[PDB]
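See structure below.
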Amino acid sequence: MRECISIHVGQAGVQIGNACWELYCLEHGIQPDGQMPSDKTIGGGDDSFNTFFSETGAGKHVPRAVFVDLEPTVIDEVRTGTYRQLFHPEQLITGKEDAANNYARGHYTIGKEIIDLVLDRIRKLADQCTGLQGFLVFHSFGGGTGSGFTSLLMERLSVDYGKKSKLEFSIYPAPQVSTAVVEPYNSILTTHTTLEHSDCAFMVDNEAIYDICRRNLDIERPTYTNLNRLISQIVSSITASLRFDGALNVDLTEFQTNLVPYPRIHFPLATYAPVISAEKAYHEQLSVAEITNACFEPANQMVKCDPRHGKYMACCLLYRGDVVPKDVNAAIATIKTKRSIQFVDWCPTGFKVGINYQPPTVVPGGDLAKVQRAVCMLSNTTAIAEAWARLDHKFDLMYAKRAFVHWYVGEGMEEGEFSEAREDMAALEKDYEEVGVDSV
Amino acid sequence: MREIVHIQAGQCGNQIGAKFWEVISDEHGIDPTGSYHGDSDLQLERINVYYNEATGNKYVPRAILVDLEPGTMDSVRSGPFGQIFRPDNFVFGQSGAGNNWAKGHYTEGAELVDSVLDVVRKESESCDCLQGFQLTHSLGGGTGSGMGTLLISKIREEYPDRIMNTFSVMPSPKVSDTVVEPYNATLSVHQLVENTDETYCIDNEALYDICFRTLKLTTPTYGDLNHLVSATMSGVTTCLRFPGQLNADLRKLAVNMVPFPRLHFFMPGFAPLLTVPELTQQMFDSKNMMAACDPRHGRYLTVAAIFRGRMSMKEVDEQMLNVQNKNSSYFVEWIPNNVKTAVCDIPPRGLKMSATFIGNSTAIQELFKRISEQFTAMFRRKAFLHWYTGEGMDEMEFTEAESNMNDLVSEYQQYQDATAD
Amino acid sequence: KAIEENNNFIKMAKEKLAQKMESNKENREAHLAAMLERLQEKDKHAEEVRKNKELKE
Ligand SMILES: Nc1nc2c(ncn2[C@@H]2O[C@H](COP(=O)(O)OP(=O)(O)OP(=O)(O)O)[C@@H](O)[C@H]2O)c(=O)[nH]1
Ligand SMILES: Nc1nc2c(ncn2[C@@H]2O[C@H](COP(=O)(O)OP(=O)(O)OP(=O)(O)O)[C@@H](O)[C@H]2O)c(=O)[nH]1
Ligand SMILES: CC(C)(C)c1[nH]cnc1/C=c1\[nH]c(=O)/c(=C/c2ccccc2)[nH]c1=O
Ligand SMILES: [Ca+2]
Ligand SMILES: [Mg+2]
Ligand SMILES: [Mg+2]
């Protein structure tokens, strides 16, 4: 048991789901049709991969997942794509008319027509589970569905499943790849209304992933295909603890205990290594020390901020592949003396480690080099509030002139909801300030 | 959201409509009968936006051809793609309007309006998911100016949650010397400010100046002006008519473009009338604007740029950053990241690389002030009111139309003067 | 106390949500009710214009 149900909302959520599920399939030896030859127990099982995959009596290993979007064209490409046989038709749920980059339409107008259906389909997956652990919600901050429908869904999931855990993989917006001028509004609105209902949220800054694809992978103009493949590697590093069997493998919930010191302070900074091209990887084996050192280089972060000009409340290292504790400990001792890792006075400074022996996998015809070892650092640093600050500033510039506010008000929202959301973010920024202050 | 319902009203509206349909039928690989003869699957992927699929794999426009004057029915039916239109969708009146707005809006066009609404409802009911409406018309005439704005207000009543878009042709003394055109435009603007989600100001003064100075033609016909409008209309509908990874419809794009409901009057532009830095400098230049206004006399609230052809996207990203850096004062600081760009693989017929420009600039007041000056020249001496007050109108309504357009200009100025701190 | 507080959170989430979704449906309907009432006011004005043509002949 300890099942985990993934929910993929909007274009960014859906397309990241494809990258993730294609990647899990390759990691677990599950074929496109859903068969898994190495799995001898047909119809069911208690194995580690069963946390994300239910089994049919016909040997099909089916993702414990729901894909929701308010228009058909993105989910249609899963229905007709390589992995069409992997999902039951009822897992793939589409509306006709999208939220139009408007939180109001996603949360109220269009979203209320599909919300009961979506919960019914999540319920059929929940009833398959003997010991459901929680949900992983993949969505953008910027999209109308990504922001509005997610919030609505999270609100309803708190009603129907109580305090059962809910993790987010939130896509934080960047002007290089976005086409929506109102994302700052959608972001602040969804961040506000979801805050009470999420237990942990891993933000991914599209700009951070954009710069990594340019710099490390030498891709001139990265597409979503380029970004999502990288994102799925980071998501796989974080969920690998749930999906694999291991003697030195620490569970994700055990990291969460260390990562969330107060309910609202639930936004870990993610950092991944190595992101390297096949050309550069050739005759270039990267040790445990080199990839561990790469975690403290801020060019490798999933969110653009500076931890060095902030304070640490937790540091977790999720290794995968050819890694043994001896090397990790040596590498950490080297980093402690050589780098800017200042903790708050109320936390202990020790780094927490997890190791999965199953090495990282690459999608065929990808950009990433296949490497023997890899690492994902999850840290809780006050520095991540910078991402809130940049986004809260963009919100204020527009909201002062009520630019675009009529579209939201036209679909039923009040100005009260805007300022209420901004004040919560003002408090959130203030909270991250307060935790860094020394005790008295 | 996929199906858009086209409506062409009056002489101007029907001819620019006819050209619009010639160009996109060519681009999509549709011949005058209405059969697919192309090669790329991208031509058919979003064909349903403008075409209905009839029996025997026949693609038929979702167009509603409307006029009070017959004769315009013949010219469209005799033209290159005259056969392709649906015969029942032709809804033509009797005695015309004769460049009178109150005839189109209140009396003679009001009698024809319910027979048009029947064709709209029949087309709209068959749409799997109707997104909105586009109206091609002039604002200087009688039918397209007046009955076109009555259609807008009547379509709004039965479809309040659908997008209403207009390619509204602004009148100019250099192209047409009919004296009452300033009255017609000002009355139409009073409707358009209230009842449309976004209006393309295709300006006949700018089209004359382009045709004269750039294209080298000494005295241009309506055929010359329309070559530019059909190039523009093809450009600004490329985002709906082709994919690729972009997932945009009339509402999404109206949400990103229209920061205030009344300020939905855009400045179109095309290039060339070539390398990527040249395209990018050309489309932002005042000479390429299909509205006769200078960007540098105001500020951009939002901009949409749409490139077409095989070209390096890295280079397009660098060049669009370049012009925003170099022209920083001409984009309002209080809307971040307000210039957006899409690239389409498929170029238009003839050109290997083209760019199309859509801009919501506060400089558009230069177009409304010009009309307002021509308007107030006539109105303050009560000239030619017997045309309008005879058909039933009051002077009060003439004063309201002037005041609404002066408020529109005042508001464009307010946000042009606005600052962040 | 652990049950009480978990129920409290389910309770108040449910009530907060129902209050917002109702308040929104009031607003969006009042917005569309005003838009149609302005459009119906034009039909009443266009009936006075068509009468003032006939009552001036
Ligand atoms: N990383 C990543 N970001 C994406 C992807 N697709 C869209 N985005 C980003 O998500 C934001 C836009 O939201 P979408 O998810 O496209 O919109 P949506 O949630 O489908 O909502 P509507 O389309 O408005 O109904 C922008 O910041 C995009 O750049 C993707 O495949 N990967
Ligand atoms: N750009 C362009 N402008 C045109 C064209 N045809 C007419 N116009 C302009 O339209 C204005 C007059 O309006 P029309 O469309 O002819 O009149 P109408 O709306 O059909 O009204 P009636 O003539 O009363 O039926 C003038 O300013 C013309 O210069 C055209 O093909 N292209
Ligand atoms: C990202 C990009 C370039 C697609 C964009 N972002 C905001 N606007 C646009 C473009 C358009 N925006 C529009 O509003 C638009 C209007 C339109 C389209 C078809 C028919 C009538 C109007 N046409 C466009 O090409
Ligand atoms: Ca099994
Ligand atoms: Mg979408
Ligand atoms: Mg005519």
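Here is the naming used below: chain letters follow the sequence lines, and residue numbers restart at 1 for every chain. Per the header: X-ray crystallography, 2.8 Å. First listed ligand is number 1; within each ligand, the first listed atom is number 1. This depiction is restricted to one part of the PDB entry, and every contact reported falls within that part.
The macromolecule with the greatest number of heavy-atom pairs within 4.5 Å of ligand 3 is, in the PDB entry, named Tubulin beta chain.
The compound at ligand 3, a drug or drug candidate, is named plinabulin. Other chains with a heavy atom closer than 4.0 Å to plinabulin (ligand 3): A, B. Neighbouring residues of plinabulin (ligand 3) under 4.0 Å (non-hydrogen atoms) are A:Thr179, B:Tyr50, B:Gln134, B:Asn165, B:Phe167, B:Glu198, B:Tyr200, B:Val236, B:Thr237, B:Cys239, B:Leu240, B:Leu246, B:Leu250, B:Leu253, B:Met257, B:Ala304, B:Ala305, B:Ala342, B:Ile358.
The deposited model's entry lists chain A under the name Tubulin alpha chain. In this PDB entry, the source organism listed for chain B is Sus barbatus.
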